[PDB]
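Since the structure comes first, as structure tokens, the remarks are kept for the end.
In this entry the chain letters A, B, ... are assigned according to the order of the sequence lines. Note that chain A carries the PDB entry numbering, so the residues on display, from first to last, are 1-221. The numbers used for chain B are those of the PDB entry, and the residues that appear cover 1-211, in sequence. We use all heavy atoms of the structure for the numbers below, so side chains are in, but hydrogens, waters and symmetry mates are not. Counting starts at 1 for both ligands and their atoms, following the listed order.
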Amino acid sequence: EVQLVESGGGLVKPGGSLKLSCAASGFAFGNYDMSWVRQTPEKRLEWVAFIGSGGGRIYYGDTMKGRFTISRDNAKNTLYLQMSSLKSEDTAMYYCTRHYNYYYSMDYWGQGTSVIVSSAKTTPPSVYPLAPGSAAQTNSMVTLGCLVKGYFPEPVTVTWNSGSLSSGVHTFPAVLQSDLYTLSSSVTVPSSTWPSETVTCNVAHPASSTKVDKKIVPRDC
Amino acid sequence: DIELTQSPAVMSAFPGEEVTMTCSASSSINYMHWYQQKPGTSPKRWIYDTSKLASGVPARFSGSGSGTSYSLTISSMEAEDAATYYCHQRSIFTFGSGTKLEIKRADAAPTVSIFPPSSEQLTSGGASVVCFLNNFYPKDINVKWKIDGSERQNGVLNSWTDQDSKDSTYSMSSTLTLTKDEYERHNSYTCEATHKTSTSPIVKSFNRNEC
Ligand SMILES: C[C@]12CCC(=O)C=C1CC[C@@H]1[C@@H]2[C@@H](O)C[C@@]2(C)[C@H]1CC[C@]2(O)C(=O)CO
């Protein structure tokens, strides 16, 4: 029923600006106080801004220092947050939230929209098959993998045989390496089925609009 | 600045235990709220006004406190309760840093697999040696790399997954990144896992000169 849907996030250079939107449905949007909350990469949660139902009462968090401006258009059921002079500490997931009564708990939250402040530019990832090779295995099961190196920004999505190998998958959280992201994904299948049955990793990087398939072939020694 | 702190930052318990977590304020305040978060999704209202349960919250949960001290309590804990719980109050800028509740289970040793650098990465001039340690418990595990018989510490990056939603195991990758020329100067590469499931390590290796 109730829905809150954020948008407008993205990459942004230091010193720039960005306007975030939050579209509402399922309730009388003009009767409710609204807020923006942000979650930093360290998972810390910070109350950014608050606006009363009529648009005539406004508050800001301690580090906002005049660079943020919250506003709303009750006619179009939308809440906004204008950001300016953005700094590296402003990188976070930005959430649209709604208030219940006058003790200011937040009874519904949106899906979140991500904001990243840096000089880095969008970069597609390289994708490398991980066959055992000189490290051949010998059990009823074999484990294979894919290495995904050098992309920005997060995230990538990894699947195996188009999601038909779902069980036995571990896709590890990404880490920054030379200020570019890298992760690996592993899959475990019966050893009797490989290489007789093909195994492929499907890498998708929406921000660079790239999609690659790497078949896992046994190495030519 | 009224500030919140939460204790413990991390705890773990088997299903069926009583669980308690504390939220402290630098000065007295009232009407405390608690929010539950699970990986990949938004925070959810769980407890509000210190004691009221949000909709859909089982009566095993209860919130209480006053003054500068508050707490959230779970009777007969169930696996779905695993999450991060954050306190917050109407005069507070920064949410408390949260307690992460994790599921205790039986000890399990890791399935270890080593992967020599791909020929495609080598073509580009990089050399990543990848070692996977999968389906283990507890989370605390130690990985060691040996290159031609001597320990190596530079250029290693380790990454754990969140506790597995189906079996409560952890997995982790340990990756040794080297330049292609530094990779070509050595032959024996070894990834060792030392866990409290056994005093003797699990060991996987290869010689670069093979294949
Ligand atoms: C309840 C309160 C004051 C009374 C009111 O009519 C509405 C609100 C909601 C927004 C709250 C605000 C104050 O408490 C100060 C807060 C927390 C603000 C959100 C950000 C804030 O300005 C701060 O972070 C100050 O440190």
Checklist entry - Which macromolecule in this structure makes the most heavy-atom contacts with ligand 1, going by the name the PDB entry uses? => result anti-cortisol (17) Fab (heavy chain)
Checklist entry - Which drug or candidate compound lies at ligand 1? => result hydrocortisone
Checklist entry - Which chain letters have at least one heavy atom nearer than 4.0 Å to any atom of hydrocortisone (ligand 1)? => result A, B
Next on the checklist: Using a 4.0 Å heavy-atom cut-off, which part of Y60(A) comes near hydrocortisone (ligand 1): side chain, backbone, both, or neither?
Outcome noted: backbone
Checklist entry - For hydrocortisone (ligand 1), which part of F50(A) has a heavy atom less than 4.0 Å away: the side chain, the backbone, both, or neither? => result side chain
Checklist entry - At what distance is the nearest protein heavy atom to atom 11 (C) of hydrocortisone (ligand 1), and which residue and atom is it? => result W47(A) CH2, 3.8 Å
Item to check | Subset of hydrocortisone (ligand 1) atoms that lie under 4.0 Å from at least one heavy atom of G61(A) | outcome: 24 (O)
Checklist entry - With a 4.0 Å cut-off, strictly under, does atom 21 (C) of hydrocortisone (ligand 1) pick up any protein heavy atom? => result yes
Checklist entry - How does the entry refer to chain B? => result anti-cortisol (17) Fab (light chain)
Next on the checklist: Could you tell me, atom by atom, which parts of hydrocortisone (ligand 1) come under 4.0 Å of a heavy atom of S91(B)?
Outcome noted: 14 (O), 17 (C)
Item to check | Atom indices of hydrocortisone (ligand 1), in the order listed, that fall short of 4.0 Å to a heavy atom of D62(A) | outcome: 23 (C), 24 (O), 25 (C), 26 (O)
Next on the checklist: Under a 4.0 angstrom heavy-atom cut-off, which atoms of hydrocortisone (ligand 1) come close to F93(B)?
Outcome noted: 24 (O)
Checklist entry - Among protein heavy atoms, which lies nearest atom 15 (C) of hydrocortisone (ligand 1), and at what distance? => result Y59(A) CD2, 4.0 Å
Checklist entry - For atom 6 (O) of hydrocortisone (ligand 1), what is the nearest protein heavy atom, given as residue, atom name and distance? => result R57(A) NH1, 3.0 Å
Checklist entry - Which residues of the other chains approach hydrocortisone (ligand 1) to under 4.0 Å (heavy-atom distance)? => result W47(A), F50(A), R57(A), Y59(A), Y60(A), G61(A), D62(A), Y104(A), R90(B), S91(B), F93(B)
